[PDB]
Each structure stands twice: as C-alpha cells, then as structure tokens.
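Here we have a structure that includes AZD8895.
For reference, chains are lettered A, B, ... following the sequence lines as listed. Residue numbering for chain A follows the PDB entry; the residues present correspond to positions 1-215, in that order. Chain B is numbered as in the PDB entry; the shown residues are, in order, 334-529. Chain C is numbered as in the PDB entry, which gives 1-137, 144-225 for the residues shown. All values below come from the heavy atoms of this structure, side chains included, with hydrogens, waters and symmetry mates left out.
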Amino acid sequence: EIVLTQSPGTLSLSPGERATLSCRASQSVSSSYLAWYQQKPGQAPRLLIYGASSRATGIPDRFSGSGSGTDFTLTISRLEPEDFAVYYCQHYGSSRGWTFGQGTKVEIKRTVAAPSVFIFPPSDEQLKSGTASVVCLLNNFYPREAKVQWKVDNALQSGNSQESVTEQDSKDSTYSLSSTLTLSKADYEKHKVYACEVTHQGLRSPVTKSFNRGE
Amino acid sequence: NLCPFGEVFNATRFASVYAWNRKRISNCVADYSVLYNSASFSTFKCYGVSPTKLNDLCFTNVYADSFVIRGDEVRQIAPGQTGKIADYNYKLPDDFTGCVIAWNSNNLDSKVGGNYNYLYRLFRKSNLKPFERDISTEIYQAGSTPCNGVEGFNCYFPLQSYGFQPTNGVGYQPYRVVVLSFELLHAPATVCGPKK
Amino acid sequence: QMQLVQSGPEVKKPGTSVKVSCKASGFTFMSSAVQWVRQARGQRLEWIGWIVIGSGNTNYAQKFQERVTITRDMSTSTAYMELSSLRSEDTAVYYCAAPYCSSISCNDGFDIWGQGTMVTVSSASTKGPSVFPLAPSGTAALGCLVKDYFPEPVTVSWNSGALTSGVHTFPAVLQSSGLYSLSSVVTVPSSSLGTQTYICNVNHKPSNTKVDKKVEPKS
Ligand SMILES: *[C@@H]1O[C@H](CO)[C@@H](O)[C@H](O)[C@H]1NC(C)=O
C-alpha cells in the first residue's frame, strides 16, 4: 500500500513568488506513474504533470515537475493569480492500489488581520416556531486559523454549534467564518447571557460579543 | 494411403486461436464428400472451389489449420472479414481456395468452474497478414512509456481468456474450427480425392 | 471534441445503489482506460478504481471492492460506475478520467476529465428553507439565515443583485436532522440603515422556493 504525503498543507505566497510543492511516497515508485493535478475551487481536477516531469498539453512553462524514488516536487517559477489553487499528486503505478496525496493549498499571503466579530440573536420569526439559532460572525481575517467558543450564562457551551468558512477573497485575500449555536426554544429560554468568544492571532486578547436574551 | 484427417478433426485437445496449429497433407487421398455431407459439422463453407468437385481434383499441398473460438466468431473465419480473430489471431486471404469447417465443442472445452485455458489476442500493434501466427506475450505498450514487463496503466497483457462455461449461449460457446487450404504450384499434384 | 460527459446529479436513499455514466467523444475511446475518482466537499481526491476499455479488465481500491462495479459499453463509448449499499459517507462528487488516445498512441496520463457527478445519499425529502433575518444592531453587519432545506443548493442575492460588495454567503452545513443550513451576510455603512432597504433573495430550485426577506434594524 503506497501512501503519498504532500507538504506543506498550505502554501502562503504572493503573486510572482516561486512555489515549491512536495509529494513523498512511503515506497519508491516509478517516475513514469506520478502525476500532478490542479483544482480550482469549483472545477474538476486538471492534469499538469505526468511522468514526474512532463507538462501536459497547454500547461504554462512556469509549471515544472522533478524528483524520483520517493521525493517528488512541483515547482511554479513565478505565481500568477490563477495559480492559487489546490494541487494533488497521484501514483498510478502497476494495476492496483493507486492513491492520491491529501492535497496542498496555495493561498495568497497577506498581512495579519483581526476579525470583525458580530453576534446575532435569534429572530422573532424563528423563535415563534420553537427553535433558536444564535449566529456569530467573524469577518475578514487572515490567517485562516481561528477559534470560536460559545459561552452560555458564563459557561463554555460544547455541542449544538457548527462552523463554516468562506474561501479566500479575490480582492482582499481574507477569510470569514460563521458559527451557529442552535437550541430548542425551551432550552434557549433557560439562560440569559449568550456570548461569542473569538481567539485569533490578530487579537492580543480574546474578543467577546454577547447579549442578554430579550434584553 | 488415406489422408489422416482424423488426427486433425478428432484430436483430443485443440490449440488456442492465437497459436493455431497447421498440419501438412503431403501424399494421400480422401473423400471430401463424406466430410461435406457429414452431420457432425454445423458450418462447412468452401471458397474458390466447389465442395462437391473436390473429389475429382488434385493439389500439390493441403494444410489443415485447427483452433478454438467462440460461436459468434466463426463468421470471422472467412475471406475479407474483420474483428479480433480476423485481425489479431487467424486471417484468411482474399483469394482463399479452401473450406472452413466448424462444430460446437461445448461438451469438451467447458468446465464446471469455467475453462480459462483457451485464449485469443486482444491487443496488437498491427493486423496480421493472411496465414500469419503470433504467439508472443510481450506487454502491449499503449503509450510512449515502456512497460519493462510490468502491467499497468497503458501496459496490458496482449492475450485474453475465453470464459467457456456450460451455462453460456450458442454464441458464447466454444467451437472447434478446421480450415483446409488447397494449393497447386509447379510441383506435381499430390493430395487427391478418389476420382483422380 | 475531446471530452467525457457524465450523467446528472443523483439523490439516493441509504442502502440503494447509483450508476454514473461517462460518455466519451473526440478521441479513440477503444484504446483508452477510465479511472473513477470521488471527492467530498472540501476534502481530498479518493481513488475508486479503473477499467481498460479494450479488455474490460477492472481493478478496484479494496475499500470499494465489496460494492462497486465499473463497466463499459463499446457501442456507445460509455463507461459506468455502479456503487451499491450507499451510505452517508458516499456523498461526494464523482469524476471519471481517461488519457487521450489516437489511432497510434495513448497519452501517458489522465488528461481528459469529466465534469463530475454529484451523488447525495440521505433519507431526507425535498424541502424548501426557512429564511430568517440576521438584524443589525461605522460599519454594520446584517444577513439572512437560510435554514432547514434539502437538497443542495440554494442561491442568495442581496437587493436582486444590486448589492454585491461585502457579501459573504457561507457554505452550507449539514445538520443531524439531514437538512442544510447556511447564512449570507453583508457589511454596510451604519448610516445606511435608516435610508436604505436591505433584502435577501433566496431561491431553492428543488422545492421551487423563491423568497424575498427584508432585514430591518431592530431597536
Ligand atoms: C471422428 O470421430 C467420429 C465419431 O465421433 C467418426 O465417425 C469419424 O470417422 C472420426 N474420424 C473423422 C476423420 O471424422
């Protein structure tokens, strides 16, 4: 069972910079059956390199493949805006057991940006039907790693919450996250203080946004 | 001296179509009309000669080609046909002067689990010339990458097995084939029917 | 020319099976081979298996050996992938892929890809969403909560598309109820709240739901 490990998980660079992506195999594999793919967020995979070093038809000269044995490399000599995507390597040697790497994301490097934190109480419309969804928004932050912690009556609330993150913005290269705490109306009315606690590298101290129910 | 067609027709084991056997018939006689009017064969089509006239004629040499194919492939054993068997296994010339004989061989070449010992050529870089045998087992290189004896992407074993099972239909059943070819050159005629 | 066109999206209930087609044109399909790959949203590529078009010989990843079948139809130049006993973990986009081949030679990599086929495995039924306002309190934030719909997707616009700057429509999350839920937010100048209308336009095709929710500032 041949395993392909790609590193780094994320590459944070600027347009014009050199990108060096790595794909390591648990055993030695034939260069003739190692390929590189590009995948923009909404589209299908696209073949970039086959046979470790051969450019597919129409691929720009800035894409280059090298390596042998267990260490394979995809180089992008100078990154263009369209090159910021996710890259996969694939081993297709012999007749069975073909595998992919886990993928490397090439993101736009940016200054650290603290998130703007907003909190939304559940609407009256939703509360009428027996459910309470509290939404906490983290807007336009970089890097992507963030920590959202729900506090209910000054107690850390685990469960009943789900996160979702946008893709990197085309213009300002930031991310935004939304956390939703969803309780029944009965449980929502058993507590008063509903708070959203955000931890991010751009904030020296955790920023808390809160409200009192119906107050 | 009687020509030994029993060795060919009633042979216990038959060759795969890719490795089709060829037996030479040198100097003897035989009654082709008995073979023609025999109910043992489901197909007995002749080309360039009348099956009934063969008893009055004489040739310098006769060849007996034998192999095994599936039922619906017997039609490919004819002049000017195309398909896996005609292009890659056994090819008859356009000016064929001979007879194609075949019968159902299900009682023999079918096992309870499935006889996988009869094979045919699936991949080949070019079509065979008439009366050409290819028994090579090189891995077929579908792309520009050499296989170096390894099967995989764009690298396929050129032979494929027939799935001969008793539960198959008449088309997907084995059929033993015997192809006689008659040639006359400057050398004296040699293989004959009883009339001459 | 030169393409693989896959069948349309599928919503299947657990335990059933799905058969995805992959029709080739513009290249010598008979000489080629087709591999099948799938990908859950925001996840990696996962190899399922492949087939040699000329022979029909198949090889599957042992994870799928018990319930996948890959076939092909020479007459229609179409490759098929049938996955049985569908579980929730099978919800993904399924891709087929093949090397371009000519009369003489095949390319040495999988350079022709299908457009993908979405397969959703779930016991849920088609349901339109509830649309709830996220009301605002220099820059104010407001939005809409699009809750409890099935299946994907929904489209959100603000003021019939007139408002595009600062709009974030988040990916949907699948809840344990089996329904999806997402929020779409926009930041606006807080001086705008008194003199400008903010409406989110939600459309869910599978249920033929079209909603316009006005989001007003609350005191
Ligand atoms: C072959 O076997 C059959 C009986 O199955 C017999 O009648 C025939 O004479 C044998 N020889 C030839 C040449 O057919």
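In the structure shown, the parts corresponding to AZD8895 are chains A and C. The chain forming the most contacts with AZD8895 (chains A and C) in this entry appears in the PDB entry as Spike protein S1. With a threshold of 4.5 angstrom between heavy atoms, C:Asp108 approaches chain B through its backbone and through its side chain. Counting residues of chain B in contact with AZD8895 (chains A and C), the top UniProt domain is BetaCoV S1-CTD. With a 4.5 Å cut-off on non-hydrogen atoms, C:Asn59 does not touch chain B at all.
Measured as heavy-atom pairs under 4.5 Å, the chain of AZD8895 (chains A and C) most in contact with chain B is chain C. For chain C (AZD8895), the nearby part of B:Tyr489 is the side chain; its heavy atoms alone come within less than 4.5 Å.
Heavy-atom contacts under 4.5 Å place the epitope of AZD8895 (chains A and C) on chain B at B:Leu455, B:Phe456, B:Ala475, B:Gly476, B:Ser477, B:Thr478, B:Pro479, B:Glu484, B:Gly485, B:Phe486, B:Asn487, B:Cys488, B:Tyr489, B:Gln493.
Measured heavy atom to heavy atom with a limit of 4.5 Å, the residues of AZD8895 (chains A and C) touching chain B are A:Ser32, A:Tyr33, A:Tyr92, A:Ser94, A:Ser95, A:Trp98, C:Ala33, C:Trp50, C:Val52, C:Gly54, C:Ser55, C:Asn57, C:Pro99, C:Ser105, C:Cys106, C:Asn107, C:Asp108, C:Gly109, C:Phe110.
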